[PDB]
Engineer: 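Once you've had a glance at the structure underneath, I'll fire off some questions.
By convention in this document, chain letters (A, B, ...) are assigned in the order of the sequence lines, proteins followed by strands, and residues within each chain are numbered from 1. When a ligand or atom number is given, it counts from 1 through the structure's own listing order. For the numbers below, each heavy atom of this structure counts, side chains included, while hydrogens, waters and symmetry mates do not. Portion of entry displayed, and contacts counted within that portion, nowhere else.
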Amino acid sequence: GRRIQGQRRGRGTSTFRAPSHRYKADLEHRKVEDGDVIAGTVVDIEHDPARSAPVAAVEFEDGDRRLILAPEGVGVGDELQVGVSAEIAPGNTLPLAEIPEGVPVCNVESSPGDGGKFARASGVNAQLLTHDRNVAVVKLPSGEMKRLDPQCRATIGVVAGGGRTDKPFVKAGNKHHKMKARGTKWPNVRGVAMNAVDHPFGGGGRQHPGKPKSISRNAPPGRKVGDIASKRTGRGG
Amino acid sequence: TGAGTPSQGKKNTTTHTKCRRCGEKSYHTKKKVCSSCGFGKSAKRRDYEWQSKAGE
Amino acid sequence: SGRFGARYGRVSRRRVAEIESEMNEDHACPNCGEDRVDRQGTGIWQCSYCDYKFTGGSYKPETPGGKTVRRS
RNA sequence: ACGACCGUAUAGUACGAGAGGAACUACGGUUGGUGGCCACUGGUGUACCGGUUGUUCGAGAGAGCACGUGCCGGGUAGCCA
RNA sequence: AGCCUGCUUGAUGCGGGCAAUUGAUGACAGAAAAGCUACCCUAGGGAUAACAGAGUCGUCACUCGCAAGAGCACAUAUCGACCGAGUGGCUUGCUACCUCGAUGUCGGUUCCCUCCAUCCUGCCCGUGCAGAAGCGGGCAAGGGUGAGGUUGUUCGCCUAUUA
RNA sequence: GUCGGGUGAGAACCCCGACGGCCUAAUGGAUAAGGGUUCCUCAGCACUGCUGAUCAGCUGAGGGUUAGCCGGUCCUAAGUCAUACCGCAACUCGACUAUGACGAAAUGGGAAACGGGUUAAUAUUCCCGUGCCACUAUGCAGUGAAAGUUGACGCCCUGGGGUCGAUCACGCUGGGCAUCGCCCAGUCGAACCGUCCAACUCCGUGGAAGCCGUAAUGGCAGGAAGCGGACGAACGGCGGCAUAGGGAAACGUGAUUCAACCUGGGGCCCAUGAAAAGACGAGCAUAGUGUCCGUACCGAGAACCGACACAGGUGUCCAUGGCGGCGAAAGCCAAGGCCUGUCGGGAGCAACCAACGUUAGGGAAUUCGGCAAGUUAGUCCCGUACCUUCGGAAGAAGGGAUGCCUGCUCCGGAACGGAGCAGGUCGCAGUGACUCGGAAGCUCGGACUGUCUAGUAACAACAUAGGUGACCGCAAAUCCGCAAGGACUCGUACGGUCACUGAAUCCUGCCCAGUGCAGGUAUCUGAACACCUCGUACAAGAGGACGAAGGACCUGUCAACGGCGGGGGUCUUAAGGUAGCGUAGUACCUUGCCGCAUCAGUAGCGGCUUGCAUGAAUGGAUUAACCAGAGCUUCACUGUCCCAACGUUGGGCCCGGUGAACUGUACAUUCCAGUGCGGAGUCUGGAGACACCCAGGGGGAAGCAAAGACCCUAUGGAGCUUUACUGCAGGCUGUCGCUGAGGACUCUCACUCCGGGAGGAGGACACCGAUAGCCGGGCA
RNA sequence: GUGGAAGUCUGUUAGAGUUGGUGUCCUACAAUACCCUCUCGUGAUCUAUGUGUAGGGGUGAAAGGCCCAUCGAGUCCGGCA
Ligand SMILES: CC(=O)NC[C@H]1CN(c2ccc(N3CCOCC3)c(F)c2)C(=O)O1
Ligand SMILES: [Cl-]
Ligand SMILES: [Cl-]
Ligand SMILES: [Cl-]
Ligand SMILES: [K+]
Ligand SMILES: [Mg+2]
Ligand SMILES: [Mg+2]
Ligand SMILES: [Mg+2]
Ligand SMILES: [Mg+2]
Ligand SMILES: [Mg+2]
Ligand SMILES: [Mg+2]
Ligand SMILES: [Mg+2]
Ligand SMILES: [Mg+2]
Ligand SMILES: [Mg+2]
Ligand SMILES: [Mg+2]
Ligand SMILES: [Mg+2]
Ligand SMILES: [Mg+2]
Ligand SMILES: [Mg+2]
Ligand SMILES: [Mg+2]
Ligand SMILES: [Mg+2]
Ligand SMILES: [Mg+2]
Ligand SMILES: [Mg+2]
Ligand SMILES: [Mg+2]
Ligand SMILES: [Mg+2]
Ligand SMILES: [Mg+2]
Ligand SMILES: [Mg+2]
Ligand SMILES: [Mg+2]
Ligand SMILES: [Mg+2]
Ligand SMILES: [Mg+2]
Ligand SMILES: [Mg+2]
Ligand SMILES: [Mg+2]
Ligand SMILES: [Mg+2]
Ligand SMILES: [Mg+2]
Ligand SMILES: [Mg+2]
Ligand SMILES: [Mg+2]
Ligand SMILES: [Mg+2]
Ligand SMILES: [Mg+2]
Ligand SMILES: [Mg+2]
Ligand SMILES: [Mg+2]
Ligand SMILES: [Mg+2]
Ligand SMILES: [Mg+2]
Ligand SMILES: [Mg+2]
Ligand SMILES: [Mg+2]
Ligand code: NA
Ligand code: NA
Ligand code: NA
Ligand code: NA
Ligand code: NA
Ligand code: NA
Ligand code: NA
Ligand code: NA
Ligand code: NA
Ligand code: NA
Ligand code: NA
Ligand code: NA
Ligand code: NA
Ligand code: NA
Ligand code: NA
Ligand code: NA
Ligand SMILES: [Sr+2]
Ligand SMILES: [Sr+2]
Ligand SMILES: [Sr+2]
Ligand SMILES: [Sr+2]
Ligand SMILES: [Sr+2]
Ligand SMILES: [Sr+2]
Ligand SMILES: [Sr+2]
Ligand SMILES: [Sr+2]
Ligand SMILES: [Sr+2]
Ligand SMILES: [Sr+2]
Ligand SMILES: [Sr+2]
Ligand SMILES: [Sr+2]
Ligand SMILES: [Sr+2]
Ligand SMILES: [Sr+2]
Ligand SMILES: [Sr+2]
Ligand SMILES: [Sr+2]
Ligand SMILES: [Sr+2]
Ligand SMILES: [Sr+2]
Ligand SMILES: [Sr+2]
Ligand SMILES: [Sr+2]
Ligand SMILES: [Sr+2]
Ligand SMILES: [Sr+2]
Ligand SMILES: [Sr+2]
Ligand SMILES: [Sr+2]
Ligand SMILES: [Sr+2]
Ligand SMILES: [Sr+2]
Ligand SMILES: [Sr+2]
Ligand SMILES: [Sr+2]
Ligand SMILES: [Sr+2]
Ligand SMILES: [Sr+2]
Ligand SMILES: [Sr+2]
Ligand SMILES: [Sr+2]
Ligand SMILES: [Sr+2]
Ligand SMILES: [Sr+2]
Ligand SMILES: [Sr+2]
Ligand SMILES: [Sr+2]
Ligand SMILES: [Sr+2]
Ligand SMILES: [Sr+2]
Ligand SMILES: [Sr+2]
Ligand SMILES: [Sr+2]
Ligand SMILES: [Sr+2]
Ligand SMILES: [Sr+2]
Ligand SMILES: [Sr+2]
Ligand SMILES: [Sr+2]
Ligand SMILES: [Sr+2]
Ligand SMILES: [Sr+2]
Ligand SMILES: [Sr+2]
């Protein structure tokens, strides 16, 4: 047959790539020698093309001007701090250790210094539950209890732009514009609507998948389609 | 719109041009590669054994 | 959702209404206390009175979870 | 290159208890087919004459263009049914 | 079961062979083997089908012989079983003779010629022919056999006219 | 096109005049690509040109393109390449990371030029006049100098400033017309230098508790109006430029509406609308330098692509010429262009054909079907049903009005803007042409806008928002690469990947037996290495012990593939079809039965319904709006029909010139029968038949065009499928190497990841190399 | 009343497309053309140039569509007589 769409993606051609040349900044926690003294002033709020959420421009004491993953409630003029001794207020970054338990956190690092990996999407937030001298237990937006090095930096508060998902797109044209700002091929043609040569579900006098949709974890690319290694399906039970 | 005559009208793009190295009008000015001698692609001269019958 | 005419159906435009209705109400500025906050774009709000530009929800200047941070 | 039908007189007669109800023959007409013709009626008639919209020739007069007449009304010859 | 033999040579291991028995190929004189294509492609075949032609004529249509029977009585005004004998070539089936380097489909339409097993018209015979209207039969192909509703329909069903 | 004339050996088509026409977003003007001399002159007609030719994009020979201030050149965009590094058996191959370079000629950014004149052909390039920019040198000034500003930016609505154009008023200059007094043209004048400044922002004064302001939003004791001031715009005004230039002459003044250009206010985003060089910041005089490349012409119904001088295709700007009107619409007309969408002559000009006008009475009877044609139509007033998601349906439907002339009213600053009134009056007809909906109802489908088979399918098919399920915490899930590496990803669960369903509304039942996926698993089964036994002086080999994933077995799961019958008052094989809907786009029987409607209805709609063989995200039911989607009915209308006629234009027919192709075994004036491989112009028997030519519609030549695409055959091909055969990738899992210290455990030193580094996390695992078992139409 | 939203409506504005005529053409003007009708025309819009993705691979709102008159696996030459 022919390579299915999922396989064209991998080649990374223009159609599947993200409009990077159009993206603003790589919202990473600043690197501080130590001491925490580092503080800056929010100079402006901006739109982040890559996350459909607002992002804050900050001017740091030592001259550095960098965009920041802004939590909800940050406004121009406000003063933010990054360091072990940073005050415990929204918009401030410090290691999970210095953070009091029971406080909403965002843009959590996976390993100390990476710059933040978790909870960065619109209106989401991690929850710092347990502390320790060895492990910091954080509840991620997915509900999972993640164990992280207490040295992993994070920002206090939830991410800005919450509720974005509440409003329906209403029309194809609205999806269209968003999609044009992401690394995604859209619209999507159903597998079952294609020819047998283009997809494992193609063919047939009438549209219907050929075999069952739950495919094995070991299936090769080109065949792994439908419900991948489903532990179950449906809504029943 | 037909693939034939009506679609031949839009052809005013220049691609293959006189090649600096070999003299043939095969230097693709967009690719900057000569389809005849390989100029732009190879220091060596484009050449293939299939350009002649196997035993000759 | 009247610009949507007889298209899309109830729910889709019923929500667009409530959402945009709460979105355009005059909001009490966090800086001063005036109800003069207007959205400038996605998640971006500004007070026409004192010019305080700040981040908030996508369609509301404050979200449930946002209001939680303050507490704890 | 003529085929067929209806109607009237025959006759409310012959026949028949009655109900009902013919024919020969002589007439008038209709229909289908056929050939021809245009006085009559009808169609056409970008011959022609008139009305009138827009625009151009300054107005007027008189005209062009608007598809092979701008549009509308009338219509001779001829050709037609 | 006995014997022959293995690369310089001896020993051992483990092989190679002469004769034969047993193990299966049932597509049974032995390949190890599932489908779709209307997206299709090539070679060819009238060596082989679909239209049509041709042969046949069970089928079909029509006829005749015999005439049980009924027809209030009365075979033969009329209807007419069984069985028997035929004609046609409109239906259908059979065949594979013609054509696969091509004989374009059904229905309709338009236009022309024809057949008679006659629906009307002309002339007749019988009647279970009073008359009128019928029913059945004979000669006869000059002319006529029209308009409409459903359906692609042919066919057919239905409507109002009609000789 | 026509009449005259010119040139010439020769003139329908080469040129002049007149008369008649054609083109108005183009048939005019400037250009991009592309072409490449096609441009200009002279001389020609063998070639090319749909006829002719004295003509030409043709032939021959000469000539023509002039730049500091127009492009290139310079900058960077998506992105490309080169070198280095790494991979690869290898390279002209390959991804990343560095460096460098490349990448925009109309149409991204960008130092600077205008007016006139001149040539056969160039022209912001030459010449004349005037101006400007950059660099450098000299001199005076200046110590400032890099912070910042600019370059530099989306979509929708809109105010203000304002030029050209157009129009109105009056004057001047010139022309036209000649029953009036009208009608047309002109009335000019740049870059540049100087100056003026609305809006925005800000300051002082002031002191509003209700005022200020807008087309609209809006503004204010955190200080409104008013007043004064700072900063501050035009390709704009004004003065110079200019006893420059241009004009035969006059060589105007005001106004309105105002493209360009300038400057503001508002609204929208699950969309956020480049960068870099450069400029400004940062004075003036004088002088010198400013090289290199492009520059003709066409830009299309003859200069480009399509084999052609091809009715096709082909980007940009002129979008403000007059009347008209809502208008960048029609129609008519200027400026400008053309008679080359390039063969002519003749016949009242027949048949027949292409386009088309008009047809009495009937009015869809025509046809599969109203196909084709027609009907309606612009604007204002009145009025408007079912249904509905309350938006819509709706221009529903239906009714009335509509010109001209005279005198006026109202809105507005006014328009050469708009809305009305009174009176008079013409026609068959006042949206008089042109422009310009036919309307209504029922049913099916898909919610809607949107997509598609370039070249027979526009649909009910694809998409879509919405609904749902699946995978994954990021050293992830999914995917590409042999590798080095890479997409997703400047992304992180409100994410994005993989699938199904397909707006809204009411809903979405039962089944886990089979198959799929997933989890678990005492016991069973389960490979290789190592280990143990036998065997062999060793080895082959036989067997044992241990046992990973996987399987057996158990469980979960149907918005996972799918299933929801026969029989009786359970059986196969898990369950046995629930809400709904139903003769369906699914119903074989079938034109089912009843009703509606018609003279008559295999249609259509409503009801019934045992459903050959409906049914719930293989989604069910239903549904407003939408639709070049399928079917049905009504009103209106009509040459679709009854049944055809006459007319218009171009052909056809005759004449001059030009001048192919298809096709051809031979013979050939046939017809009726027969015969024959059963479908004969050619055989047989008869009949008929003097030769040739013109026009015609096409009966035959099983007419011409294509080695039938249907069917079958071939130990033919290809695309596709799968629990066909055989293999190959890939995933999981064990084992050996890397690999180290002290049936479960700790550590650190390799190795991996995070961190700028210090160091942190992990750790003999993982990655990688080798091999073994399982899965494996993803691929051959 | 103001305001002026909309994958909103009318529209041969430009521009894009193509329902029917099964019209004309079918040795064509044309190896996909001509005319009338018809659809879209502020947006998932249309369009120019530049740039990227390459053959069991692309690209595909999916028609086995498209990748230079070529596609159920392009073209060229070679294998090859
Ligand atoms: C065009 C062509 O194939 N020409 C060659 C031959 C075959 N043929 C023919 C055969 C079957 C059929 N059909 C008719 C309908 O049923 C299916 C077969 C047919 F129409 C015509 C014919 O006449 O000449
Ligand atoms: Cl999304
Ligand atoms: Cl240029
Ligand atoms: Cl304003
Ligand atoms: K045949
Ligand atoms: Mg970031
Ligand atoms: Mg994209
Ligand atoms: Mg889809
Ligand atoms: Mg399909
Ligand atoms: Mg497949
Ligand atoms: Mg579906
Ligand atoms: Mg389905
Ligand atoms: Mg044995
Ligand atoms: Mg045999
Ligand atoms: Mg035998
Ligand atoms: Mg073949
Ligand atoms: Mg045969
Ligand atoms: Mg007889
Ligand atoms: Mg006769
Ligand atoms: Mg000359
Ligand atoms: Mg010139
Ligand atoms: Mg021409
Ligand atoms: Mg009539
Ligand atoms: Mg009929
Ligand atoms: Mg029609
Ligand atoms: Mg007034
Ligand atoms: Mg139906
Ligand atoms: Mg649709
Ligand atoms: Mg097509
Ligand atoms: Mg369509
Ligand atoms: Mg669908
Ligand atoms: Mg969603
Ligand atoms: Mg969905
Ligand atoms: Mg979804
Ligand atoms: Mg029914
Ligand atoms: Mg024939
Ligand atoms: Mg053949
Ligand atoms: Mg076949
Ligand atoms: Mg095969
Ligand atoms: Mg790293
Ligand atoms: Mg295969
Ligand atoms: Mg492009
Ligand atoms: Mg198909
Ligand atoms: Na017989
Ligand atoms: Na007769
Ligand atoms: Na009938
Ligand atoms: Na000529
Ligand atoms: Na000025
Ligand atoms: Na006008
Ligand atoms: Na639309
Ligand atoms: Na099951
Ligand atoms: Na079912
Ligand atoms: Na449509
Ligand atoms: Na007619
Ligand atoms: Na003939
Ligand atoms: Na194939
Ligand atoms: Na309102
Ligand atoms: Na069309
Ligand atoms: Na290929
Ligand atoms: Sr990052
Ligand atoms: Sr980083
Ligand atoms: Sr399928
Ligand atoms: Sr359930
Ligand atoms: Sr082009
Ligand atoms: Sr190269
Ligand atoms: Sr070589
Ligand atoms: Sr009588
Ligand atoms: Sr009587
Ligand atoms: Sr005329
Ligand atoms: Sr009219
Ligand atoms: Sr099968
Ligand atoms: Sr099919
Ligand atoms: Sr058979
Ligand atoms: Sr006879
Ligand atoms: Sr008779
Ligand atoms: Sr028949
Ligand atoms: Sr029947
Ligand atoms: Sr001559
Ligand atoms: Sr010339
Ligand atoms: Sr460059
Ligand atoms: Sr430019
Ligand atoms: Sr625009
Ligand atoms: Sr104005
Ligand atoms: Sr020029
Ligand atoms: Sr031009
Ligand atoms: Sr053209
Ligand atoms: Sr075309
Ligand atoms: Sr003119
Ligand atoms: Sr000529
Ligand atoms: Sr008339
Ligand atoms: Sr009809
Ligand atoms: Sr009818
Ligand atoms: Sr009306
Ligand atoms: Sr298309
Ligand atoms: Sr729904
Ligand atoms: Sr199961
Ligand atoms: Sr039931
Ligand atoms: Sr539905
Ligand atoms: Sr003829
Ligand atoms: Sr629209
Ligand atoms: Sr429209
Ligand atoms: Sr058609
Ligand atoms: Sr027509
Ligand atoms: Sr054609
Ligand atoms: Sr508009
Ligand atoms: Sr070959």
Engineer: Provide the name, as given in the PDB, of the drug at ligand 1.
Structural biologist: linezolid
Engineer: Which macromolecule makes the most contacts with linezolid (ligand 1) here, by its name in the PDB entry?
Structural biologist: 23S ribosomal RNA
Engineer: Looking at linezolid (ligand 1), which other chains have a heavy atom under 4.0 Å from it, would you say?
Structural biologist: E, F
Engineer: Which organism does the PDB entry give as the source of RNA chain E?
Structural biologist: Haloarcula marismortui
Engineer: With a cut-off of 4.0 Å, which other ligands or ions come near linezolid (ligand 1)?
Structural biologist: ligand 5 (potassium ion)
Engineer: Binding site of linezolid (ligand 1): which residues fall under 4.0 Å, heavy atoms only?
Structural biologist: E:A50, E:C51, E:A102, E:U103, E:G104, E:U105, F:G708
